[PDB]
Asks: 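Let me give you the structure first, and then I'll get to my questions.
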Amino acid sequence: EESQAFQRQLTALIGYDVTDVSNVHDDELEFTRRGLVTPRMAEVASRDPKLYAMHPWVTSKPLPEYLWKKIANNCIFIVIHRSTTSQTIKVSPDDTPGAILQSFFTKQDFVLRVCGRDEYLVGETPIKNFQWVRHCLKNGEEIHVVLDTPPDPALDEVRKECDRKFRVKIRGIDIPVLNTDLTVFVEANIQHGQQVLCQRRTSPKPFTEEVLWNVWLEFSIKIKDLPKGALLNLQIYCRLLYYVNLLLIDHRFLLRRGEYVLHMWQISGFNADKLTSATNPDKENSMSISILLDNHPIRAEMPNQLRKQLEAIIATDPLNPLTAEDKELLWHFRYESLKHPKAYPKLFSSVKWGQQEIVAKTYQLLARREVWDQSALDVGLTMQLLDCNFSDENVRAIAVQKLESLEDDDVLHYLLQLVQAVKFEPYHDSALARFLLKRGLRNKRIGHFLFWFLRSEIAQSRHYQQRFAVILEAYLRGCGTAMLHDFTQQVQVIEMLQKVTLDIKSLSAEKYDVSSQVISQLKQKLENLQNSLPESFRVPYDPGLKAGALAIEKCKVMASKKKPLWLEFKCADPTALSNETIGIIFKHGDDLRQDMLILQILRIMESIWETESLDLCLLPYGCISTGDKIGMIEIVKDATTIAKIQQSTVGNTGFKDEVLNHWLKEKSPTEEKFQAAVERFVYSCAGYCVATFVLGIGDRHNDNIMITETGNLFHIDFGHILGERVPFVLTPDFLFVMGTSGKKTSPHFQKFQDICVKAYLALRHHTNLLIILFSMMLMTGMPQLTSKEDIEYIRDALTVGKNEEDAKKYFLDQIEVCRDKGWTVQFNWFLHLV
Ligand SMILES: Nc1cc(C(F)(F)F)c(-c2nc(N3CCOCC3)nc(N3CCOCC3)n2)cn1
């Protein structure tokens with residue numbers, strides 16, 4: 001029975017009962033639950049308990065130039081606390097936590113914990129190499145450290161537990177309901193990495209609630225020739241309305257045989273949902289298609305001009321399409337191509353996956369894969385091999401093979417996109433899934449995040465939740481009883497909080513109406529909850545923080561188009577430094593997945609900029625989508641919208657240039673501090689300007705841009721909340737802080753535009769990585785996005801194909817257009833929302 005209680009607890013954590021059989025036509029999921037057990041226990045067993053327990057967060061990257069500046073002493077200062085006792089040691093960047101530890105007693109079961117958060121500075125790592133330290137240098141703060149005992153690893157314990165042609169028969173389609181009368185027909189395709197190897201169509205028939213053809217669609221392709229990972233894709237056109245897929249080769253390497261009745265997905269009035277092997281859970285309202293399967297298996301050197309040809313091909317963007325020529329060139333000279341890792345995606349797209357002799361040659365090629373493994377890891381390339389263009393398990397495994405060399409810091413960087421890329425795997429068990437399982441179980445930070453990212457999908461994607469539940473379930477059985485306990489506390493609060501949010505939204509108006517009625521109602525429910533509700537819970541976007549009791553006094557309902565709750569919690573650490581509450585917004589009615597994808601690319605932009613020694617002061621705040629159209633947002637303290645700043649000085653509606661500067665100086669404690677704010681505004685303004693431009697989310701209304709009293713500017717509410725055009729927002733008030741009016745420069749403005757250029761060129765160095773992240777995010781984070789047209793934006797913006805000077809020129813032009821437009825575009829937004 002312990003087992004039932006435990007599978008039920010798991011079901012509760014996960015949000016889906018992986019033992020559900022109601023929407024399946026085979027045993028792939030179970031098989032996969034079984035398959036993943038090995039990789040779990042292998043990593044549980046493998047992991048160092050003390051290290052798993054304390055999870056030091058580290059990098060092996062260089063300290064950026066900009067941080068060494070903060071320290072030229074060659075000595076850093078760390079404050080060590082014990083109750084009131086509090087010495088203040090100074091140390092060397094190359095010092096180790098131990099050394100410094102022993103060094104401290106010069107003035108053994110003790111360890112240094114960051115004050116107020118469950119973050120531990122430990123292990124054989126130079127202090128400079130701890131992120132928290134870096135974060136502290138980055139923000140000009142003292143490294144406050146208490147000394148306490150190491151957490152007991154005992155709490156991390158794990159519970160002991162044919163040459164025939166291929167054909168298919170289309171029997172008919174069936175729907176319960178149906179506006180006019182029109183013709184309908186069925187299109188069957190065989191697909192491998194979104195390349196259709198063959199296509200057959202039935203004849204049209206009148207569209208009645210049941211339509212039958214009972215036909216054999218015999219394909220040109222041979223059985224022998226079907227590749228593992230191939231999809232039988234079935235679609236109804238009447239305009240395409242419905243789709244479903246079925247893998248032609250099963251998880252055991254066997255050809256599919258028998259009768260299938262598949263409940264289809266409908267197209268709303270390209271994307272990754274379109275490649276799912278899953279069928280629609282909705283049998284009562286779904287369209288179905290009935291089919292029958294009755295058919296288990298298993299040196300000359302390149303001349304000079306031609307290699308010039310090859311090379312040109314390789315240097316093209318990932319979005320460049322390849323001609324029949326390019327493909328032959330790539331494949332006939334494959335042994336040459338194998339020497340250019342940068343060419344592997346293009347080459348593997350030139351393979352005729354529908355000829356078994358070729359696939360066999362391809363695998364051979366994979367054996368002489370020497371240049372590839374030697375290669376310095378390239379995340380652009382690796383990601384490209386994990387997108388919708390490759391269904392081959394061996395090709396994808398090599399990418400995954402390069403991923404193995406990522407340190408945890410880097411895995412945290414790409415974890416969301418890596419998790420999203422599992423939607424591009426043909427089967428539920430895959431090397432990437434195993435990779436992701438391994439690293440979460442290896443590190444608690446990655447685990448924590450892997451937990452929520454997988455739960456995000458499970459809660460809101462009928463198309464991949466089954467696959468993801470199995471992966472999450474596997475993670476849960478190796479994290480340890482401590483993480484389980486923690487996750488349970490998180491799921492309880494958020495599950496709680498979402499209801500409160502739901503009830504209130506359910507009592508509240510479409511218009512901007514807040515009343516004591518509503519707030520009373522807000523506080524009452526909070527009052528109920530407040531009185532058990534777990535004592536403490538870990539903040540999901542920031543696992544170091546422990547959130548304590550509500551400060552119901554400070555909680556309110558926000559005046560936003562939905563009714564987000566503004567909540568403030570006491571910290572649960574007595575070791576913490578301040579009285580400051582932890583502020584979290586909680587909302588239903590936005591799709592946070594989309595916000596989640598952007599802020600992660602923004603974290604990726606920052607890290608790229610760090611490689612080139614730049615810090616553009618982005619503020620990609622925490623955001624998790626916890627369920628369908630619901631999740632949480634971090635509140636950056638001391639922040640207001642640019643629109644409010646206008647409101648409070650100018651009329652409620654309509655726009656003065658001088659206002660933002662007034663606001664900053666008035667908020668500033670001192671001139672020293674005011675001048676720091678201006679400097680921070682300049683960097684962050686540029687950063688948002690370049691980053692936003694590249695992602696094509698530049699044109700924004702004022703209510704959706706924010707600044708802190710410290711001068712840090714940041715955008716909000718991506719994905720998308722309100723909408724002559726502008727590349728980005730560089731308005732007169734912004735110019736004014738920087739010291740300019742009209743077409744006149746300033747030492748600061750000069751500073752702003754050179755930074756923009758420095759920043760933009762840094763990004764174009766990773767043109768390929770960004771194009772692929774961007775295209776991937778559209779496919780897995782938007783509902784649907786029109787393959788070639790939408791993706792293409794990022795090339796024009798990355799100015800693919802030009803040298804640096806032209807690029808530099810181009811971006812300065814964009815700045816001029818912003819200079820040209822003033823308040824024009826802002827004004828029209830006000831009008832659109834008036
Ligand atoms: N998808 C979404 C949704 C929202 C929200 F909360 F408005 F619904 C937000 C949001 N996020 C915030 N933040 C987040 C960063 O820290 C400051 C507060 N503020 C707002 N405002 C609503 C109108 O008055 C100004 C404050 N909105 C972000 N992304």
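For this chain, numbers begin at 1 and follow the sequence in order. Only this structure's heavy atoms are used, side chains among them; waters, hydrogens and symmetry mates stay out. Every number for a ligand or one of its atoms is a count from 1 in the order of the listing.
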Asks: I keep wondering what the drug at ligand 1 is called.
Replies: PQR309
Asks: Going by UniProt, what is the chain that binds PQR309 (ligand 1) with the most atom pairs under 4.5 Å called?
Replies: Phosphatidylinositol 4,5-bisphosphate 3-kinase catalytic subunit gamma isoform
Asks: Among the UniProt domains of chain A, which one holds most residues within contact distance of PQR309 (ligand 1)?
Replies: PI3K/PI4K catalytic
